Number of protein chains: 2
Amino acid sequence: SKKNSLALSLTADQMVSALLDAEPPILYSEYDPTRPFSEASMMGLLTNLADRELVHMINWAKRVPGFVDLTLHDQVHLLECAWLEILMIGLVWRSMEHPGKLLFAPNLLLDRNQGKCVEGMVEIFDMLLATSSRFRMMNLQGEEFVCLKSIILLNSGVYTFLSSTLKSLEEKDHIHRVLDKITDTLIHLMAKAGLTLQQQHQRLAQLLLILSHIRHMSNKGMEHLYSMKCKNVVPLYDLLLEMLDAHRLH
Amino acid sequence: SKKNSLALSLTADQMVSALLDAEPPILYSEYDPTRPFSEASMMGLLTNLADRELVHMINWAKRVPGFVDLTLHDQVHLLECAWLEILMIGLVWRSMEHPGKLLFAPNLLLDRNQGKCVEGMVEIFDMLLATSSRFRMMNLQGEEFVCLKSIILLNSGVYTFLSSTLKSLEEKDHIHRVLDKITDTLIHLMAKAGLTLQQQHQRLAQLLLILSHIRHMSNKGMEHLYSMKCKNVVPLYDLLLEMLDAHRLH
Ligand SMILES: C[C@]12CC[C@@H]3c4ccc(O)cc4CC[C@H]3[C@@H]1CC[C@@H]2O
Ligand SMILES: C[C@]12CC[C@@H]3c4ccc(O)cc4CC[C@H]3[C@@H]1CC[C@@H]2O
C-alpha cells in the first residue's frame, strides 16, 4: 500500500524552493573572547551550539519532502541516525569561503590550531576543512547543498529501520522514491547550468562521493564526543546527549 | 605537472574488462564443522580469512587503473584506509543470492544467528545483510560491482593523504579524474542495458549512496575488531593488525 504524498509530484524546481525555504536559521555562539579556550571551554562552547542548532534541525526535518510521510518513529530514527552528519555538512558549507577555518558561527570562527586545544579534535577539524575545501573547489551551489543535506536525512540510516516487517518495506521504498526525485532535482539544477550530460553524471557522483566522507567524519566525530563525555568535559545537554546515547557506540 | 597514464584513455569497456580481469580469487575457510563456534572460535575463523584475503587485495589494488600512477605511500594510504570497506562490499556481493546469510567463504556460510556467537557482532551482520539484500533488490550486475569496489579504493581516504603539499594536489586530482571515468563506465554499462537517461542518473546515485552505508559499516566494524583485540580474542595476524593499527581509532 505505497501512498502518494506531495513530494513525488513536485516539479524539480518546487523541490528546491521547498528545501530552500525549509532552511533553518544560522545560530550564534555566546562565548567571551576573553578566557582562553580550554579543552573543556571549547567543547562546551561547541556542544552548546550543537545542542541548540539540533533543535532547529528537528523542525527542519519536518519540512523536508516525503519526510512526514514516514511513521513518526521512523522519522526519529532517520533524524537521530544522521543528526551529526547534518550538523557537519552545514558547517562545511558555512566554512566554504574561509579556507583554513571552520565557521561554526558568524561570531565563533576557529582554525586548524584552536582545534588542537582539544584532544583528538584536530584530525576531525582537518577532515572538515578538507571537505570544506573540496566543496569550494567544485563551486558547490546553495541549491545542490540543500539537496545533499536532504539526501543525508533520508539515506543515512534507512537500511536499519526499527522494522524489518511489511510496513517497513513500504517505508524503505518511499524514501528510495523521494531520494530518486532529489536526484532529478540535482541533475536538473546541473543542466540548468550548462553542464554536458557527461558533466551532470560526473558532478552527481562527485557530490554523492563526498557524502561517503561525511558519513565517515560523522562516525569518527561521534566516537570523539562520546569520549569527551567519558572524561566529563561535556556539558549535560539532554538533546545532544539523546542523539548520542542513540548510536550506542561503545 | 598532471601526468597521463593508461587509465584516462581506456574505453568505457576496457575499463571494465580491466577491473574484471583484475578480480582476486575467492578464498576458503579452514574450520572444522565440529567444535561449536565460540566468540573466539569464529573471530579467529573470520579474522583468518580476513588476513589472508587481505593479501590478495593488495595485489588487486595494483591492477586497478590509475592506482599505480599515485605515489607508493599514497597507494598504501588508500589501501589501508579502505581495506575493510573493500572486504565488505565483497562479502555483500557473495551473499547476494543467499538472503539471510553472509557467504564469507563457499565453505563457511553464516546466518543472523551465528553472528550472535560474538558480542556486538550481530548488529553488523544485520547491516551487512541489509546491504547484501539491497544489492540483490537492484539486481546489481557484476560489472557495476567491480566499478564500486574500485571507487572505494580510490575515494575512501583521498581527502586525507599524508600530503597537503603541492604534489598532493596533483595526486588528489588524478584520482578525481580516474573516478570521473569510472563514473562514465558505470553510466555506460547502464545505457548498454536499456535504462533511460533518468534511470541511469537515478541508479548511479542509488549505488553511490550504498557506498555511504558501507563506509559506515566499515567504521563501526573497525571499532568492533579493535575491541575484540582488546579482549585478546583476536589471533595475531600482522597484516590485519597493520590495517587496523592504521586507523588509530581509540
Ligand atoms: C561532536 C563534536 C563537537 C561539536 C561539533 C559541531 C558543532 C556544531 C555544528 O553545527 C557542527 C559541528 C561539527 C563537528 C562537531 C564535533 C565532532 C567532534 C566533537 O566531539
Ligand atoms: C572485522 C570483523 C571480522 C572480519 C569480517 C570479514 C572477514 C572477511 C571478509 O571478506 C569480510 C568481512 C566483513 C566483516 C568483518 C567483521 C566486522 C566486525 C569484525 O570485528
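Chains: lettered A, B, ... by order of sequence lines. Here chain A follows the PDB entry, giving residues 301-550 in order. Residues displayed in chain B correspond, in order, to the PDB entry positions 301-550. What's counted below: heavy atoms across the whole structure, side chains too, no hydrogens, waters or symmetry copies. We count ligands from 1, going down the list as the structure has it; atoms in each ligand are counted the same way.
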Peer 1: Looking at contacts alone, what is the main macromolecule next to ligand 1, by its name in UniProt?
Peer 2: Estrogen receptor
Peer 1: Which one of mefenamic acid, tetracaine, estradiol, thalidomide, gemfibrozil is the drug located at ligand 1?
Peer 2: estradiol
Peer 1: Mind listing the other chains that have a heavy atom within less than 4.0 Å of estradiol (ligand 1)?
Peer 2: A
Peer 1: Got a sec? Which UniProt domain of chain A does most of the touching around estradiol (ligand 1)?
Peer 2: NR LBD
Peer 1: I'm curious whether estradiol (ligand 1) gets near the natural ligand site - which UniProt 17beta-estradiol-binding residues in chain A have a heavy atom within 4.0 Å of it?
Peer 2: A/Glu353, A/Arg394, A/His524
Peer 1: According to the entry, what organism does chain A come from?
Peer 2: Homo sapiens
Peer 1: Which nucleotides or residues of neighbouring chains are within 4.0 Å of estradiol (ligand 1) (non-hydrogen atoms)?
Peer 2: A/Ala350, A/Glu353, A/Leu387, A/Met388, A/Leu391, A/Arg394, A/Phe404, A/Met421, A/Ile424, A/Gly521, A/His524, A/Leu525
